[PDB]
Amino acid sequence: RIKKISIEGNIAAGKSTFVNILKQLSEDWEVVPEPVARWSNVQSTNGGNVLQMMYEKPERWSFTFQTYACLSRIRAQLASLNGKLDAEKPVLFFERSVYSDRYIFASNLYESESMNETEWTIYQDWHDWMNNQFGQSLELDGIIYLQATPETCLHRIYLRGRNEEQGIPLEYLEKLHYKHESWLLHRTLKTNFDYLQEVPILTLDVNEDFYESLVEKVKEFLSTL
Amino acid sequence: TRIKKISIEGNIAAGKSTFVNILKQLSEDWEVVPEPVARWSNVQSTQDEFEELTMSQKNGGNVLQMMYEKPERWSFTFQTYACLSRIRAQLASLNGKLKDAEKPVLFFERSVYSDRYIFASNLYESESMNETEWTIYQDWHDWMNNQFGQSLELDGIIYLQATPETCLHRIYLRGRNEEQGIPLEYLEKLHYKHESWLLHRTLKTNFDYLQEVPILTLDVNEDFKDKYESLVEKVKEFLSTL
Ligand SMILES: Nc1ncnc2c1ncn2[C@@H]1O[C@H](COP(=O)(O)OP(=O)(O)O)[C@@H](O)[C@H]1O
Ligand SMILES: Nc1ncnc2c1ncn2[C@@H]1O[C@H](COP(=O)(O)OP(=O)(O)O)[C@@H](O)[C@H]1O
Ligand SMILES: Nc1ccn([C@@H]2O[C@H](CO)[C@@H](O)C2(F)F)c(=O)n1
Ligand SMILES: Nc1ccn([C@@H]2O[C@H](CO)[C@@H](O)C2(F)F)c(=O)n1
């Protein structure tokens, strides 16, 4: 009965910032952050930084990173469903989804030859299975797309200052942007999860310096779900 | 499940497939879940329902061969897929087989425990997986078992014990191309892990119940006809104790 809403958008578009603001509007609203800390310090529960490994050597580490990213996200999202919210109208906001993991990030890595055909096939097979098992419980009721230009995202990468991200080129951001636009705006990106074609999407332009009006728009989008 | 789950464990080419697939014919209540080795030598994922009507399901890469060719590069990828594909196969067979059975027994060719505590652990110990890869692997394995371990918990283990030299010979007999370069020393390492886990029982796992699970050890060094009778008798007696 918990409504599940994914917040999507490019690197440093402002998803964590936005969701952390939204969280405060209701005791009925909780958030599942992307497990970036678990990626920056790998631990089985200081370790290696697999996000860094992927950025420094993507042909070596893209598959390993992408698999772990998605595993860690599934674990976090399932844990939050099982234990959060007891709430009048519970809403869980996910920072990104298993779908952007596969159809945006992992897909772009395969397209750029950072994963080979075997790696991509294994990834998709693992993902298909993981979702046949957990798909239902994690299925989205809606998507919020925070749309920012690649140039805005590059600037915010610098503002945030995560060391591993400082070397990301504009072109890499452009590719991620076109994928987001294809999925969420043009709706030309085909997934093997049929229900997604029906999930409503609220697109919010976040290119400007921070916002109140965007927040209000969410509160009301949720009343339609 | 009322289905008893029994894992058959043993080194490469010890004779687990050969033995269990003959043994299972002794009762309509007995079935086997094979190890998904074919899925590893021909990597494939599911086709779209419309695409498959006009496009063949093509041969994929061989991740088993990739692991043997360059273990420091491919061990993590291989081990992760091996265990995922195993859990999928074992869970589907638990959910779908042996409905009509009086005393159902499902035999698993190897287990998620040997994947982690024998194979993947040996790869880590040999520096074919680094610290990050090993941490990720164990993290994922722990999580998968918190979710699925209960359905897959074993009622017993049958350890097929063969010397590394016997296994090396049987690898040649079987003729799997990607196994043909395996050195005796690799087989000996796997042998010692099996012995520590299943014979001496000193190997510590993250899974409490395993220290207690009944184990039957069978010497499979002889030619098949020479001991089969004695093995079958030992198995039936063992099953009656669970
Ligand atoms: N609308 C905005 N205007 C100015 N700065 C923003 C805005 N949104 C986010 N930021 C800043 O940009 C950086 C990235 O935002 P963050 O929420 O971490 O992005 P994401 O979660 O999408 O990766 C942070 O330093 C944040 O303070
Ligand atoms: N007891 C035995 N005596 C002679 N050959 C055996 C015996 N057990 C197995 N083999 C042969 O050894 C090879 C490996 O057997 P297999 O069952 O595929 O091993 P595993 O499943 O343990 O990897 C095969 O060629 C098989 O015919
Ligand atoms: N599946 C995913 C998910 C996220 N990321 C990357 O993780 C960092 C934090 O959002 C960002 O650097 C990132 F978004 F790029 C990724 O590469 N692949
Ligand atoms: N977790 C596992 C499981 C098995 N294997 C390998 O798969 C082949 C078939 O048993 C054998 O070549 C093998 F047993 F070695 C592996 O390397 N790691």
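Residue numbers start from 1 in every chain, and the chains themselves are labelled A, B, ... in the order their sequence lines are given, proteins ahead of strands. When a ligand or atom number is given, it counts from 1 through the structure's own listing order. This deposition comes from X-ray crystallography, 1.8 Å.
- Going by contact count, the macromolecule most engaged with ligand 3 is what UniProt calls Deoxycytidine kinase.
- Looking at ligand 3, one finds the drug gemcitabine.
- At a heavy-atom cut-off of 4.0 Å, the other chains in contact with gemcitabine (ligand 3) are listed as A.
- The residues of other chains having a heavy atom under 4.0 Å from gemcitabine (ligand 3) are listed as A/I11, A/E34, A/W39, A/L51, A/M54, A/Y55, A/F65, A/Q66, A/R96, A/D101, A/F105, A/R162, A/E165.
- Within a heavy-atom distance under 4.0 Å, gemcitabine (ligand 3) reaches the following UniProt ATP-binding residues of chain A: A/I11.
- Atoms of gemcitabine (ligand 3) lying under 4.0 Å from any heavy atom of A/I11, numbered from 1 in the order shown and given with element: 13 (C), 14 (F), 15 (F).
- In chain A, the UniProt-annotated active-site residue lying closest to gemcitabine (ligand 3), with its least heavy-atom distance, is A/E95, 7 Å.
- Gemcitabine (ligand 3) has no nitrogen or oxygen under 3.5 angstrom from a nitrogen or oxygen of A/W39.
- Less than 4.0 angstrom separates some heavy atom of A/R96 from each of these atoms of gemcitabine (ligand 3): 4 (C), 10 (O), 14 (F).
- For a threshold of 3.5 Å applied to N or O pairs, the pair formed by A/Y172 and gemcitabine (ligand 3) contains no separation below that value.
- For atom 1 (N) of gemcitabine (ligand 3), the closest non-hydrogen atom on the protein side is A/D101 OD1, 2.8 Å.
- Protein heavy atom closest to atom 18 (N) of gemcitabine (ligand 3), with residue, atom name and distance, is A/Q66 OE1, 3.0 Å.
- Of the protein's heavy atoms, A/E34 OE1, 2.6 Å lies nearest to atom 10 (O) of gemcitabine (ligand 3).
- Considering backbone and side-chain N/O atoms, A/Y55 comes within less than 3.5 Å of an N/O atom of gemcitabine (ligand 3).
- For a threshold of 3.5 Å applied to N or O pairs, the pair formed by A/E165 and gemcitabine (ligand 3) contains at least one separation below that value.
- The protein atom (non-hydrogen) at minimum distance from atom 6 (C) of gemcitabine (ligand 3) is A/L51 CD1, 4.0 Å.
- Residue-ligand proximity, A/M54 to gemcitabine (ligand 3), at heavy-atom distances under 4.0 Å covers atoms 17 (O).
- Within a heavy-atom distance under 4.0 Å, gemcitabine (ligand 3) reaches the following UniProt substrate-binding residues of chain A: A/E34, A/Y55, A/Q66, A/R96, A/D101, A/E165.
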Which protein N or O atoms sit under 3.5 Å from any N or O of gemcitabine (ligand 3)? Give each pair with its distance.
| residue | atom | partner | partner atom | Å |
| --- | --- | --- | --- | --- |
| gemcitabine (ligand 3) | 1 (N) | A/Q66 | NE2 | 3.0 |
| gemcitabine (ligand 3) | 1 (N) | A/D101 | OD1 | 2.8 |
| gemcitabine (ligand 3) | 10 (O) | A/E34 | OE1 | 2.6 |
| gemcitabine (ligand 3) | 10 (O) | A/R96 | NH1 | 3.2 |
| gemcitabine (ligand 3) | 12 (O) | A/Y55 | OH | 2.8 |
| gemcitabine (ligand 3) | 12 (O) | A/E165 | OE2 | 2.6 |
| gemcitabine (ligand 3) | 18 (N) | A/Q66 | OE1 | 3.0 |

